[PDB]
J.: 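Complex: latanoprost acid : Prostaglandin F2-alpha receptor.
Convention: sequence-line order gives letters A, B, ...; per-chain numbering from 1. As the structure lists them, so they are numbered: ligands from 1, and atoms in each ligand from 1. Going by what the header records, the deposited coordinates were determined by electron microscopy, 2.8 Å.
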Amino acid sequence: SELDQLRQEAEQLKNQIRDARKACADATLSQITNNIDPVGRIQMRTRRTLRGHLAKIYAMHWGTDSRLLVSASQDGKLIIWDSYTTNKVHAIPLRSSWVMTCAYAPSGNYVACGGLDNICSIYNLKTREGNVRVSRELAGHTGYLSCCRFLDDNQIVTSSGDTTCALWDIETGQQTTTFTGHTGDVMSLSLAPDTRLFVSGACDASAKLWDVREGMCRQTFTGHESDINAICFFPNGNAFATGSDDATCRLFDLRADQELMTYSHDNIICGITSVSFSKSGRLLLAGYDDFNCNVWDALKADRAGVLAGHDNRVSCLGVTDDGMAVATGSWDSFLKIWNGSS
Amino acid sequence: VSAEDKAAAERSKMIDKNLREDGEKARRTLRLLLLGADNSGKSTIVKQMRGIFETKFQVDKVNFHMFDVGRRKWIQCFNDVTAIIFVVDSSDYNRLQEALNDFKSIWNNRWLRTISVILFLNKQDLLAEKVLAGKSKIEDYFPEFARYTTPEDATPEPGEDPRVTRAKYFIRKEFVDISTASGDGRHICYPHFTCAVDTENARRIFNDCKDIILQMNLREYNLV
Amino acid sequence: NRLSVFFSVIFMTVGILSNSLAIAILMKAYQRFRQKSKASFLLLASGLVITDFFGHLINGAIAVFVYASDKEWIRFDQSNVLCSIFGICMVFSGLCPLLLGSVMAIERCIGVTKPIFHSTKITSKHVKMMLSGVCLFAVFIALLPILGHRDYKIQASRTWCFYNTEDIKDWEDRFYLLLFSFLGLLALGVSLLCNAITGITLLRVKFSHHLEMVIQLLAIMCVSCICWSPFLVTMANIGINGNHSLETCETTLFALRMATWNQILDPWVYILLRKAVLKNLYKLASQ
Amino acid sequence: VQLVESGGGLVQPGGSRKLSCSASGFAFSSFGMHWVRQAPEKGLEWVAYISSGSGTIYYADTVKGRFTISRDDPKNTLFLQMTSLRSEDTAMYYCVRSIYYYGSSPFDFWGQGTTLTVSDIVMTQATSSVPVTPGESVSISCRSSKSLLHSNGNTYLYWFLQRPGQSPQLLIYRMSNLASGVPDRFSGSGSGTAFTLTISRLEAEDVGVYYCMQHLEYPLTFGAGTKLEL
Amino acid sequence: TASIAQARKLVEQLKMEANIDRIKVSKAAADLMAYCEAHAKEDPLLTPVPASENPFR
Ligand SMILES: O=C(O)CCC/C=C\C[C@@H]1[C@@H](CC[C@@H](O)CCc2ccccc2)[C@H](O)C[C@@H]1O
């Protein structure tokens, strides 16, 4: 009786939201950006090849200096690279080799990683002893760790396969806030530039916008037909892009609370693993299962170019803070640094 | 290149040397993935031979490292294991169709297309007793079992009841039928009949892994 | 009569094209297989095809130069530097493919008979060391007459330089002929022994890719022995019987050209004449 | 982090002596090691360098052929074998650790030193002494014969402070970066061949001798040193 | 009473999401287009820099 009545009210509320989104869907992003000129052909060359990983690379993250990056592989090795010289700055042996994510602290003093061990391990890069040591192990997730991102040296946000995201206090080792509401494994998260909000994509084909301080879900974004694997905030924080296994990328708007554009091609039938934006946000770069990285025009939904330099799945990618280069990691155990030439 | 850059580059080469030394050490062991249902009894298979549970056992001076995670997302991590040890409980007729669908997902997974499955049809003693009692009928769950006959080329074990032999080959055929429906030789299923006291499981994995590695080499020698 | 300019050009052209074609396929295929395993066969097969590529190039260019110079060795090689260089290249271009083929036979015999030992114990460094050690050993044998105060002499055809075979008197002069023939026969014998063991094991195990590999092994054994034995026996006959042997210039020259076709057919019988490769070449031709 | 030197003492001219440097509290095998000596009432002088992994070894010209530097990583001991000792070798020998990667701070820790008694880019610090008062800003100037700015953007200039009775301490590395544990009042500014160390709000602890060292190339050379007195 | 407790929570969440202020899609699209135009010049991937200014020559 009461349960049946309540679940009918949820359907009415869903229709109310759907009508509300349709009310503000006066125009389409495609119509708005029809007049602007295309970005042309985007040609990027492999400037650097980072060799030394002996297994599948699962994650990479640039440091804020746009020169150092950390990559994670399932050989149980965290490696910090000097991208300018390809020198290896550090090689961190992982207690659990089944790592799936890695994060570089914005200060550059810490890196984080974690995988099927359900632990987010914090590593101190600046010690008087001259070696990298574990400073914290963040326990509390009941599923694998899929993504992690620092807010500062003391706060980090992690997404897990136990359908929840958590905000952690690194000094005390306790999760101050738990973000619940996803019905599937959360595969990725992206922080807003002001670090007051973050979006997460799960395997329930939905993206949720979370308030860090308040700790609740502000908006829910649906429209994908399969698991979401990647998510990335727009550089101004008012939009984000997702990548799913249905071979499509979608651009959702926070304030309009709906999808604005879909990035798919008929030839593309493979899943998407990673997404990122260029510094101005005009380009959306996505890594694919078909061994390629497609550069999309975010505004016009045009495939601007292709990065074809890997012999296995493109598992991760990232764009530097200064926008100078993009790194691609792959299951073929190599990392490549790309940028164009005049 | 400055004086500090040379010292930095020399540090990088010392890192690269230890990266290769650890990689070669990791290749000296064969990695196995243990899968199965709750009633499979895969733990008992491991214990007799001996978030992630790991066990190391050695057969003829060869080290095996088997991982029992205790799933379409994290199964991609084990994309480069030597073999998958999929265990089922053949006695429980009710959950056999669940195991067949579970096996079908693993076999047809996009990230396990080159991973051979070492099937372990566990708890054969219970299956033999269940058929002997006759209280439960396999035909109730599988209608096609009533029209199935033991192959003439079959080689039953000595002292084995023909009723049990007909049942065992039917259950094995269902898994083999899934295996032979796709793959085209990229991966091969290696079914086995094991019980709760069998102590030859480790050697069966070792012998099957020799064929899995040999099949890997033959593709290298031929697909050039 | 039996010797002509076009004889060396055709052998060089087919050898260069066949080796260059196999090099491209080996490079693309290695990246595919380096992820699954160390791909020891692909490394060795790449070294063999590269070594044969230079053999048809370095020795082919010198041979064409001699033919173009009207075979005037005295007029244009007074210092005898070219013949010394020519002799070293010929020994390297003939003893390295024999030794490399004998190592692939051993390498693939271990991989088939003991796949676990090959996969775990043998590392990529061992394969590169074996590939480097074989190439260096061929160079060392090639340079042995130079370090032994001897020199390579112009053969009867006056088109290729090699060990002196006419009127050998000193025991050191006949020792080099025996050493080259013994190494060629020992490498040939080891190749047959290991290929036969691999072929027998595959047939026993088979009774998917077993029959395709067996045809490859039989084709390797036939080409390796038919092409090289007429030359290895000729050197052994001259090394033992000396000038008393009825080894005419025509017999020695013909046996040389058979041994050349082993390097021409190495890319095909090892790489190109494969079911997967032919489909790729067929698709490439259509496109 | 500790670096203890031993083996020094009075030796006859032309003799031999073995200096040891035992390291504790840090990963010794990860750091390159230098020997730096200081003649009595004189400035610092670099002696030798051995890299991490013992693959690279450098010597000063005045000691090359007579000194041998070696390390024992399992025992965390640094050695300096000296032969044909001259009266010019009478100095206090310091054991210095230095690790080299992007953003590292070489020459960050110095040992207490051991005393030995026997019976090229030019770095200039013209101002030998500077009278100072507490709370007042002080600037120290350094000059180099060659430009220390490399094509990679780094300027390999270092600043050290040796308080009376104490071993030198790193203040500024690569001409601008502030070493760990150093107050922010110290600031390093430079360009090309001219460099300035500014000390705002001078305190009693800042009193001492200041040395500027170049690390552009070997041999590493020190300035004469500028002494601060009240 | 697990299902009835979850139903109240799910309904309560949908109320919060339905009470937010939504701007027009044309307004939201223009803001994204405006940001790309304003920051276009400082995007090296969109407009490649001269080789002298490229750290990855
Ligand atoms: O004058 C005539 O016609 C004959 C003589 C020409 C001169 C050189 C032959 C060349 C061939 C050598 C290939 C390479 O593999 C060495 C083989 C070999 C080594 C050692 C002992 C026996 C044989 C190339 O193919 C092109 C060219 O023909």
J.: Using a heavy-atom cut-off of 4.0 Å, enumerate the other chains touching latanoprost acid.
T.: C
J.: Which atom of which residue holds a covalent link to latanoprost acid as deposited?
T.: none
J.: Provide the transmembrane segments of chain C per UniProt, counted from the N terminus, that have any non-hydrogen atom under 4.0 Å from latanoprost acid.
T.: 1, 2, 3, 5, 6, 7
J.: Which residues form the binding site of latanoprost acid when counting heavy atoms under 4.0 Å?
T.: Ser8(C), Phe11(C), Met12(C), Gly55(C), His56(C), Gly60(C), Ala63(C), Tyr67(C), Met90(C), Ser93(C), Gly94(C), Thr159(C), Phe180(C), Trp228(C), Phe231(C), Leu253(C), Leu256(C), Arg257(C), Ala259(C), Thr260(C), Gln263(C)
